[PDB]
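This entry carries progesterone.
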Amino acid sequence: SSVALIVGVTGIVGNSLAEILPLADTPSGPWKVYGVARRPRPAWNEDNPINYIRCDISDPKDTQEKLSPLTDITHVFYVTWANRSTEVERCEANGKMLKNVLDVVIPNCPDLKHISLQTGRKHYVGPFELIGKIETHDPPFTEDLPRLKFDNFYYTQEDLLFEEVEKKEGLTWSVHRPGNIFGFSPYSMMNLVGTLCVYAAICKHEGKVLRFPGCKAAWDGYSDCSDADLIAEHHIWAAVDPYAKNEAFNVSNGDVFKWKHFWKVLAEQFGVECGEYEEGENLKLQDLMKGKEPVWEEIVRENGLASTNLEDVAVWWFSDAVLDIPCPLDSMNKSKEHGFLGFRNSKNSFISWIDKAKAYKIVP
Ligand SMILES: NC(=O)c1ccc[n+]([C@@H]2O[C@H](COP(=O)([O-])OP(=O)(O)OC[C@H]3O[C@@H](n4cnc5c(N)ncnc54)[C@H](O)[C@@H]3O)[C@@H](O)[C@H]2O)c1
Ligand SMILES: CC(=O)[C@H]1CC[C@H]2[C@@H]3CCC4=CC(=O)CC[C@]4(C)[C@H]3CC[C@]12C
């Protein structure tokens, strides 16, 4: 039987992996699940049969401390990251985080079969600062085209992973590059759905219109996204399928959409009146929601929500970052040609993840 390690279990995809791995019908199930994180176990992670572990993977001592006793690990799911001012600092911080984990697991786990590493569609468009500013390859992005000639901590992590798996015969790897992730995790540093839900709940409480905080290309152009549960199934599939070993795969829901339509979905789900894209405005939730923490705590008590601080639940800079730029699509041909036929209805996923945030009483 298989034993999984989820590096970043309170994450947006780690929480999906924590919910799906111990399922009875999950491939290679039953699954024993260790889940690594720093914070204490929150309230939306409590009803899963997961063996929680508190550890800062940037500290090589706590990583040797907490992970050396773990003997039975068969598969590893690295699904965390760290943000810094420049991309060079992200290469250093995230390379060391992945290295500390692998230095421990590979020798101290005799049955280690697979390591799956989650990167992203930034692999193709470049780091945050350079996005829209550098000549990329032409979309839709395919997995095995040359890397951009710029720094990128996805590149740094991939090279590291390739060297580390060599230290064990029959050790095998996979990397998964999702688009914007539709999922549920209040602790996530990039939870787009949760951020858009809070902005809709604040527009509702104030009687103001849900205005689009982005550009016309995100409003009127084609967009796609990656469902968190679908990314989890994508990890598990590559972890257990030997015809997907040592390969990089995109993972997106399989359909496109326009935030023009999704806005009315978001508007319908919170009772707000849908606003349209206003030209020559360039509205930023980071600016628009400045100093609105009292309004949030007013919403929380008036709707019996869970005790949440606006900063944790809404990452305005991320939301602004995604809606201010056009959406270049990726291709799911390589995954489908290797036998992964999973998919999601992006509209239904959006509603589904909105309703999960409502269900856990994070938004009204
Ligand atoms: N969030 C997104 O929308 C998004 C979309 C595309 C690709 N990505 C890529 O997915 C990968 C993972 O992102 P995410 O968004 O799933 O993560 P996340 O922010 O949603 O959650 C990360 C998880 O790891 C844990 N954690 C963070 N710091 C830690 C540390 N120092 N030590 C141990 N654990 C730690 C957190 O507690 C959290 O549980 C990243 O490389 C990201 O580039 C994310
Ligand atoms: C709808 C949209 O604007 C999305 C589609 C492709 C997405 C970008 C490319 C993929 C992506 C992944 C990340 O983890 C950081 C933000 C970026 C860089 C995304 C920001 C928002 C974009 C541009």
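All residue numbers given for chain A refer to the PDB entry; the residues shown span 26-389 in order. Start at 1 and go down the list; that is how both ligands and their atoms are numbered. These values consider heavy atoms only, across backbone and side chains, with no hydrogens, waters or symmetry-generated copies. Method on record in the header is X-ray crystallography, 2.7 Å.
Tracing progesterone through the model gives ligand 2. Measured by close contacts, the chief partner of progesterone (ligand 2) is listed under the PDB entry as Progesterone 5-beta-reductase.
With non-hydrogen distances under 4.0 Å, the site around progesterone (ligand 2) consists of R146, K147, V150, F153, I156, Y179, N205, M215, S248, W284, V347, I350, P351, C352, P353.
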